[PDB]
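Nikkomycin Z bound to Chitin synthase 1.
Here is the naming used below: chain letters follow the sequence lines, and residue numbers restart at 1 for every chain. Just the heavy atoms: all of them, side chains too, but no hydrogens, waters or symmetry mates, feed the values below. Start at 1 and go down the list; that is how both ligands and their atoms are numbered.
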Number of protein chains: 2
Amino acid sequence: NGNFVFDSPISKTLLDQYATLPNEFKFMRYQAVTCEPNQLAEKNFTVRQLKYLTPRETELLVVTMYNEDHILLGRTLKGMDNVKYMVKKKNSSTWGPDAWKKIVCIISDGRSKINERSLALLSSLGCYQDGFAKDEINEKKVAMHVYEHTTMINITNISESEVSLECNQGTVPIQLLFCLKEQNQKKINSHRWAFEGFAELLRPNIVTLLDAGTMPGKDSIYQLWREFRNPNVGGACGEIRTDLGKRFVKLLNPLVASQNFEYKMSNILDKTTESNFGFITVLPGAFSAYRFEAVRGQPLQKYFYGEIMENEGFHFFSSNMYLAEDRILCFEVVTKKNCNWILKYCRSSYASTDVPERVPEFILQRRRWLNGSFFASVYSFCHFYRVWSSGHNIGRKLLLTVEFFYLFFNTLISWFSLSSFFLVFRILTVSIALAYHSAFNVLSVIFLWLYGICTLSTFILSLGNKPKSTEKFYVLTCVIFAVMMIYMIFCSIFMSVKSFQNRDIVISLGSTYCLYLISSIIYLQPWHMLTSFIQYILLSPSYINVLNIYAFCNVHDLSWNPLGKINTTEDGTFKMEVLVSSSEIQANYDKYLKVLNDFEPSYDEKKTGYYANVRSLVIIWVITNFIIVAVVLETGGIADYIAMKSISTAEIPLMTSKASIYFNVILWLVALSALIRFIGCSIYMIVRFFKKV
Amino acid sequence: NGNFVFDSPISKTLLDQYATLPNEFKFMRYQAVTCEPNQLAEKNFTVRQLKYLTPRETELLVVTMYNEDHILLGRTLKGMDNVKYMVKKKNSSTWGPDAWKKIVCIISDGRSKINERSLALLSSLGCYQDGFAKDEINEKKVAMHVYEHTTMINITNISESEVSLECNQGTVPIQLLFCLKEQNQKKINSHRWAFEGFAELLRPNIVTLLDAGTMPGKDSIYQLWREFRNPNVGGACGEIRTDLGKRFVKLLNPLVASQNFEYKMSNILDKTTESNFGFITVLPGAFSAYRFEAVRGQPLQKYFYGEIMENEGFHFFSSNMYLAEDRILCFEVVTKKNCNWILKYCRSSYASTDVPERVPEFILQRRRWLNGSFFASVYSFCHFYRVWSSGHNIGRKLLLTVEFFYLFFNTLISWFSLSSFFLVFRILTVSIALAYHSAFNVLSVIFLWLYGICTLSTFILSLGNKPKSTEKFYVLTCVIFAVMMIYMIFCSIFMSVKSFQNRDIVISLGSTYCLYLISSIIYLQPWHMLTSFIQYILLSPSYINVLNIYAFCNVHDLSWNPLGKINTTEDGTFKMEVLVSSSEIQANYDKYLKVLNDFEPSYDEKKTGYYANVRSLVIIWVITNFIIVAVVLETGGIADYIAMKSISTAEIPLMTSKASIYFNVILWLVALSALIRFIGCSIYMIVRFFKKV
Ligand SMILES: C[C@@H]([C@H](N)C(=O)N[C@H](C(=O)O)[C@H]1O[C@@H](n2ccc(=O)[nH]c2=O)[C@H](O)[C@@H]1O)[C@H](O)c1ccc(O)cn1
Ligand SMILES: C[C@@H]([C@H](N)C(=O)N[C@H](C(=O)O)[C@H]1O[C@@H](n2ccc(=O)[nH]c2=O)[C@H](O)[C@@H]1O)[C@H](O)c1ccc(O)cn1
């Protein structure tokens, strides 16, 4: 039909296990796509599911990959376990002995970057054969290499070294569909291929987004698909668990134990609370599910292209919304016009992913998350009236409004954290010295200077340099801040012990831990509340001061005729035309005489200019935090101003009463959020328990 | 001789004026160079001067150009006036009726960037004809297009619009030699072509470096050549005067009046004082002269290549000396082994250049000068022992040692200026409020906050952004600092008036102006001491705080198979070889099975890493200035520390006595330098007067 397709046989060694035979199993199809992802249908491209005597009707998985090795891809593919569980499911109206026919997509990204040890595994499965890729077809550049087949072998064990494949009477067929882009176009393009391309052909019911390296549990995909029984749910997500290795031998890295605790409390407290209202801020791209009908239309338009209505110039939201990439989908689904979709959190389905283990990789990873969450929250709050233009009933609309206000309260608290941390630190360290005089004077001065030097260097290195160039310094900074936090804990314990012997710093901070602990107990998963709490506490002054500074200082990732030839022989003789005619010489001379007598750059450069002027206006964050510091501590010359006024009608005081008032406000304002999230987690568990009963 | 040369005739219209005839005048020579600049001789390349019956012996001009229009190049070429003066010179042993035969080079830089309205002028002179450039010759890429001729027409007037050429009995011949590089290789390459190339062929006596747009006076080149009568002088330079337009109608821009005053005091005070000792730190590249024998060897090696002795890794001086580009020549000439060359300043020869007129262009220009001077001074001080290994007598060696120590004292004063300015500002503004209470409290706080915000924004914008993107902000910053300086002057005048009615701020600062004025009077050029003093005073808080911050924050200018094809007919049928043999399929499958079973980047990136780690260690300047601020004002928690100590055996004081002591030290330390430079200028003028008498 004007398109290039090919159909090769597989190696007879595969046939040896396959016999232990239809046209689906013995052959593979290589369609080569050259068009745009949004044209597969009208360019006469098909897939094997639409070719049979009765076309197959798909019920359910996109696995994005870039350069992951074969162990990560093996883990994702092994998590085949879900498909096997779903065929062996007996008492069901949707799944049964032939369930695999209703489940189908591995989107690679560029041939140069792909790890050929993973192409090895894809070929072992039988979904790729080298030899017949075609880098252009009839003056049209190929864009996609689509291999398809239907294997019989399953990954059954994964050591640290090898992936074990087998083909028995107990394995189940898998309808693989391997897409190979010839070039890296970033993840958004891959999702573009998955949603605007093959999803329009297959017409699935649910689209589940996995991520190479993420291993769903033995039932997790089934438990996620069960969330969509409710005809209102539009998206869903499950728990993401840090992979702690064999014998939990990766819970030693303090950067991995920190992330384990952080993920675990994010799931227990934040996600259940959000799911009560009906709008989860981010559905993780490593393990999420969308009802296809829910996202078609406005959500995908906003995700892939952006706010289309725009002039030639740049606008804030329209030209910056690309920084909140996969979080636009959630907001546009929940607030869709004339539809009542909601987002649900399923805690019965988990997936264990791999986390960064070195400080530079970790910083670069969180640079994306922090900018995405900040821009997404600003967009959600500045556009929350859309909630009232949607189709929900009035109760749900009120709940969503309350949740949006609570989420903005949280983002504001997080914006003022640079100053909250310093103020708590300096108020506490000066107060202990004023109380006891012994050696806390010198430590107060020393720690002020250490904080100042580390913060100065973090601004300078993040604005100018790159984390890979200077890793020793970032490790040293994290160690310095850990020691500072230890000193803060010692000071609080000392002050409280002496005060008891002779106060609210224990009634508020103790509640936050007791409430954290009780929420973990309610969730029936408390084992992180001791193995990894200390690392989080110690690596927490660095999540406030190093990841935030780097995140805001690197918002946008800026990036600032042949008129002759002479060939001669060994002798060196040749000739060409020479402008011999003196009239033409005079003509050229008069041309230059008259030339003497006749007395914005690229859109890319203009866009880079705009992007770099918006990264430099958000940092100048610093002023609004210093305003708080100056008001409370009376820095900035304000105390001098008050003293001079008193003289006009004197001496400056060491520590004032604004410090006490503020340092109470922060402790109770951080106890309040823990209280709210504990109540939310309790409601979630209780409602789930009644519905299960 | 294996090289491509060509010899075209000129237009007969030129012949019309030339008649009003030898082979030098009627023809032009286009040699095309493809080799390296240091190979012109042994590759059998010549110039017309070596071809005559008796080869010409050159006595004396390289004019670097990039994209200057035809007015600037016209001005440089007009300043032909010097050659005419030198032929009409009667009573001389070197110059006479045929002096032009001893004077010869215009080094363009790339055909793409050259302003074709200047190619118009070069063709009007008769030294370029389009039609026979050859972009490659016998598998060798052309590197240089060398046109040569010997004109008769002279530029006699330059309006704002046109350049007036004429050919009479009164004009004089000029031996032009137009070099056109096919690509931009930066100025260092052009000087490489000028010195290592054509200068080895011509063997001149003096090499004078002009720069397109700079117009030497009617006698300036002759007066510069006269400095080399002394067989010890190795280099020389003249005064550079800002071009103030017709009717001085450019002395209105405050950025141009500032630069006029700055250039004028640099010439009067700095350069005469340096020339007394015998070592001028920078000979400006816009108008300088070097005795060719003086610079051959070590100076040119260090200028063009660098400290050759080096390992694979990077070292500070060896790998950063390229930032001090034309200042290495001076240091290496003066301290040359077994030679007693000195550098001399000639005030009888001037040249009027064009200056930047918008803040972004000005900032980008001074970014080069400040980094160059800082690295050159560090290199000169860290290597000053070389002075004692040279050939000078002991008196000159002692004088050079004293001068080197004085120059390091100056560079240290300039390194601590960021803190000196703030300390003077805050001590003065707080002191006036403590004295009079009226409305100086509020102004003290307001100006502290304005200073803080402008300095924060200058760090952030210079570390992240570019000056062209944000020009409104830099203009606003300069205005803010001008207002601050006005307030500083008001405060000092008010305090002094009240103190006289009831002190050293007038005996020191008044001396600095009286000494500036007296030096200008001695120099017989005082007219800048009123037309442009106010602009310099007001635009001076910005030379300390905006150009220095930008200069140190931008030290180094960082910059971070086809395996198929298918063509078919309209029907779409074709065939190629297919790996049909199943044995080869099994072979490939086993190849991937075994692939599964088998379980630093570019030198440019490493160099960029090193460069960006050295720009980030020099800024972290900030700490050593803040140490001074903290010691004097008792910021940084030191005053709190003292108060807590006093309690351990209380209240903080507003203003202490360290402020008074420091604020005396700065005023007298800035009066001392003015005194030294006044004495130096006086010695220079007096010695020149006796030698002239
Ligand atoms: C981040 C995620 C996982 N560790 C991961 O790395 N995800 C990548 C990503 O987020 O970009 C995926 O993107 C693909 N990719 C990369 C470069 C490219 O150029 N194109 C392209 O497609 C990569 O191969 C990879 O599969 C982690 O588990 C997680 C996420 C959310 C959460 O709440 C908790 N945990
Ligand atoms: C700066 C100088 C003059 N205004 C100027 O602009 N000099 C350029 C420079 O310093 O680079 C020259 O360099 C050439 N150039 C440029 C780009 C390139 O890529 N390659 C290349 O050769 C340009 O054409 C130009 O002639 C000014 O008068 C001055 C200097 C010192 C001083 O004490 C007082 N005043």
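Other chains with a heavy-atom distance under 4.0 Å to nikkomycin Z (ligand 1) are given as A. For chain A, no UniProt-numbered transmembrane segment (first one at the N terminus) brings a heavy atom under 4.0 Å from nikkomycin Z (ligand 1). Per the entry, the organism of origin for chain A is Saccharomyces cerevisiae. The shell of residues around nikkomycin Z (ligand 1) (heavy atoms under 4.0 Å) is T64(A), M65(A), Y66(A), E68(A), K187(A), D211(A), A212(A), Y263(A), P284(A), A286(A), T353(A), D354(A), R368(A), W369(A).
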